Amino acid sequence: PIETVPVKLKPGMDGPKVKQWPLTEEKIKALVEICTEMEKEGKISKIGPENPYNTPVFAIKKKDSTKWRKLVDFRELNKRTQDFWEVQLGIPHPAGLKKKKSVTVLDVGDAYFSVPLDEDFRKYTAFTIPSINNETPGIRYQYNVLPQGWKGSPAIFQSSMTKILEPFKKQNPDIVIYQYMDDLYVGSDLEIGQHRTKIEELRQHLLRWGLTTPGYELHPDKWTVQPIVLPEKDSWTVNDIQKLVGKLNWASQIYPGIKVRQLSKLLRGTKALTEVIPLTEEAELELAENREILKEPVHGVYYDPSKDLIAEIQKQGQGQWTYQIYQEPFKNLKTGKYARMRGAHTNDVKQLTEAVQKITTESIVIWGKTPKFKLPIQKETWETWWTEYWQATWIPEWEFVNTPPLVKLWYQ
Amino acid sequence: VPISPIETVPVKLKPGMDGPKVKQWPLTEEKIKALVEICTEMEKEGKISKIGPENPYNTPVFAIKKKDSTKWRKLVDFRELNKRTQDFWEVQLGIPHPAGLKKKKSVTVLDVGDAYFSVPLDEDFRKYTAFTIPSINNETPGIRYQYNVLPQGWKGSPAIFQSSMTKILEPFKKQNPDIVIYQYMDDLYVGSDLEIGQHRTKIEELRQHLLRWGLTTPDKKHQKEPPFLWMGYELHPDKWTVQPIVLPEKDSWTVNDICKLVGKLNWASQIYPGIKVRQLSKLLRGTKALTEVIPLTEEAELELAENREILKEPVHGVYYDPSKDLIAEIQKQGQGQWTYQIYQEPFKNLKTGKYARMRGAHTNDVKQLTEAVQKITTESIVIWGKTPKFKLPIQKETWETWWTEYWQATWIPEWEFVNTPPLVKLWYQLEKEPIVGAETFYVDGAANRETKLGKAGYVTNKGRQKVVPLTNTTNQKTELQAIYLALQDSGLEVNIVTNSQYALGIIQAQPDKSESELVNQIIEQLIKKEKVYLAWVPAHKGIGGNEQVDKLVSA
RNA sequence: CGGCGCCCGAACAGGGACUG
DNA sequence: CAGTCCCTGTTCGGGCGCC
Ligand SMILES: Cc1ccnc2c1NC(=O)c1cccnc1N2C1CC1
């Protein structure tokens, strides 16, 4: 018996009508035992054909966890409430969160299950638990409490959260606390022992305030940026100068003071690719002036709050992957590289899945926003397994690309 | 007062809308006098009512015909009401595949009578039902009425039926965990691993539970009928098969004959292994009229032949045994056609199938295999909810070379090698580094957009040149064309420098087949070489023999 | 009248390169 | 800077197969 903040699908658009994708029996079982238990708790309840709305659901285990977590893909719903949450209630994003020697992510989403949900909105949380082989029809529910992974859920719980936290925040003013969807980011410059202790302490806070919390540590102060770099060479084959000049031409799409002119003249005749050509000095100086123009920061790159972030991922081989975050071509807010992730040397889709998750995480720690991915993968491939390797409680936005590599040379 | 059978569904209306009013459109004259009476029948059973003032609602009649009936069936058209009624989440999500069924000792089928008329319509929506249709010809102006149950051709009839039915069966199911029911339309199929009599026990005890809600199940019902006939399937508790397929032997071949033919072949392909539709699918390419005349080629007939011999002997699928692993083994059938079998105990198949689909302008066998494996995983999840172990005609080294080199993210799940030629191979590899002491060809091609005219040629470190004039071409084709030249005129090892990003993209993805004859030729030359290193440089940067080439070709 | 499987033909996104 | 083309690559409306 408490109020309910009415919520509306922003103007003109209807509830999500999206199809449930086939699930593995493993996951269908886990969902069945979770929803039947959640029905008993009156968190959710059964629905009829009079509700023509659907959101997809599946299940995951978080990293190093043997427990099945239910996960709803609320992206379409999240878009029409997108306007609800974005225009009505804001969360100021700490620019300092990124500077902490440590940042832990605690999953507080369970708390959202306290609060009731506006009775008029509930028909939009509709989800089907599918059946193997279409043997039964689907088991359909809708949400009674604040549904996990919806953006309205952390929005509406904002007040209550700031409350439950205010003792700790007040007692510990120097610790930074951010909240992104079902996750709460807590970070500090404390030496790691006492950090982990302050995290246990916060766990206690929400534990005694009526919350449960099913490592999470990050190290943002150590996050490195991948600069573009031209090789250091003794002797240059024709082929070396060629790869150099072409790479240099791309880089000059990013950094305009680059000139290929004298190195180009270096390539002048028709010479064997493997012939060793000495570097004229005028070109040698053009090249050195280039390595220089390549250690500076790119003019006019700054984050703009209104624009969406875009992340591009390239597969570099032998377990390495490079990425770039940007809002406008050639102006990159960040570039980076990953290697020896889980799946390295055996499963590309696993590795990429991992990559998309680490990129999203830094994107949230840095701008408090998830990027839109350009994924180097076939559509169908990705849809099939990505559902298998996902350890995150959120789901970025993505589209699929084919780019035979001339941009691959974000790496040696 | 009428009476109240089973829980009702809250059907609403599309906001800001109200019931329809329409004029009649023609329907055959003899049978419709019958419904005037039939309507009075329903009055007494509870399926109809009427009021004079209260209905601003009227609906017409338009129909579709069905074969095989020994008595006539009445009908009404709500199509205007339909368009005006709320949408539902549809209950028929598609059908189970026979190969996905677990083997059941005992399997029966109860057929529900008065199925649609056994379901209460939403109280308040009842109002919207009113309709009118011609007596025999006509005499007096008429009268009208409303529906108290699920009306024919209405959207909620199927959705709400299915759901209500489900709700009823639920307590029976919960009180009977080891029975197994499946609902298709108005038929229920029940099965158990229990003994034959306790099985018929629960069959009546369930006709009880269905009756308690008013659902009538007669005894023309058959335990002595299985195989059950369902959607082209024949189903025995132990084994399933497709219903018998008739392949036309007709001497006269129209493209529509080949069409029906193909459709029959694919449907056969779920069970009879090794079906090839390729050449038959080739006939269908780009035809204006469905009535056109087409002859059968020797290939299409040799295919039709091998297929006729596959269909000759009969065959049956087994069912799934959850205790045992699933196995999917794929064999390359050539001409970018693939077949796979999914079984558990060796030589006993759950099902078979083809993957023939040619994806992309230029492709290769590894890619196509990867695709089939993906298709198959999907099919396996829908049906058995798990991924099979895969048996594939590809060396673990072949594959490792491919997936690890390719620029895209790519994967096959847990799988092992099967030496079952043809084995899938990569027919050439490009070098990762320039080849010492190989001639180096700088290549170019160019064409003029207006005249559609151009030339393709090259220059080398050895002094060797060539320029070939070409007619009716494009910029891309000339750049391919130049690479082709460098291949033909070069020795067993060669470095080729191209400034065509396009051509480089194609060759670098190592195609073994192409729609494009020129690419096919490039491929053939590529396969003949010992070492080929292919490189890219930017145009008009004044590079190398490319500035020199550029002048000669661009001239 | 309707879903699914497939084949066939048309409209939009990415990229290249030319017209001063 | 607009406006032309040439390639490649998914989405949507047209007939068979199964109800
Ligand atoms: C057509 C059909 C569709 C779905 N399931 C069944 C059936 N009917 C069967 O013939 C059947 C046969 C064998 C095992 N299960 C069957 N059953 C399941 C009920 C035990």
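Chain naming here is simple, since letters A, B, ... match the order of the sequence lines and numbering starts at 1 in each. The figures here come from the full heavy-atom set of this structure, side chains too, leaving out hydrogens, waters and symmetry mates. Remember, it's 1-based here, ligands and their atoms both numbered in the order they're listed. Recorded method for this deposit: X-ray crystallography, 2.9 Å.
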### Drug identity - ligand 1
nevirapine
### Query
Quick check: main partner chain of nevirapine, as named in the PDB entry?
HIV-1 Reverse Transcriptase, p66 subunit
### Query
At a 4.0 Å heavy-atom threshold, what other chains are in contact with nevirapine?
B
### Query
What residue and atom does the deposited model show forming a covalent bond with nevirapine?
none
### Query
Taking heavy atoms and a cut-off of 4.0 Å, what residues surround nevirapine?
B:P96, B:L101, B:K102, B:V107, B:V180, B:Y182, B:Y189, B:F228, B:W230, B:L235, B:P237, B:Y319
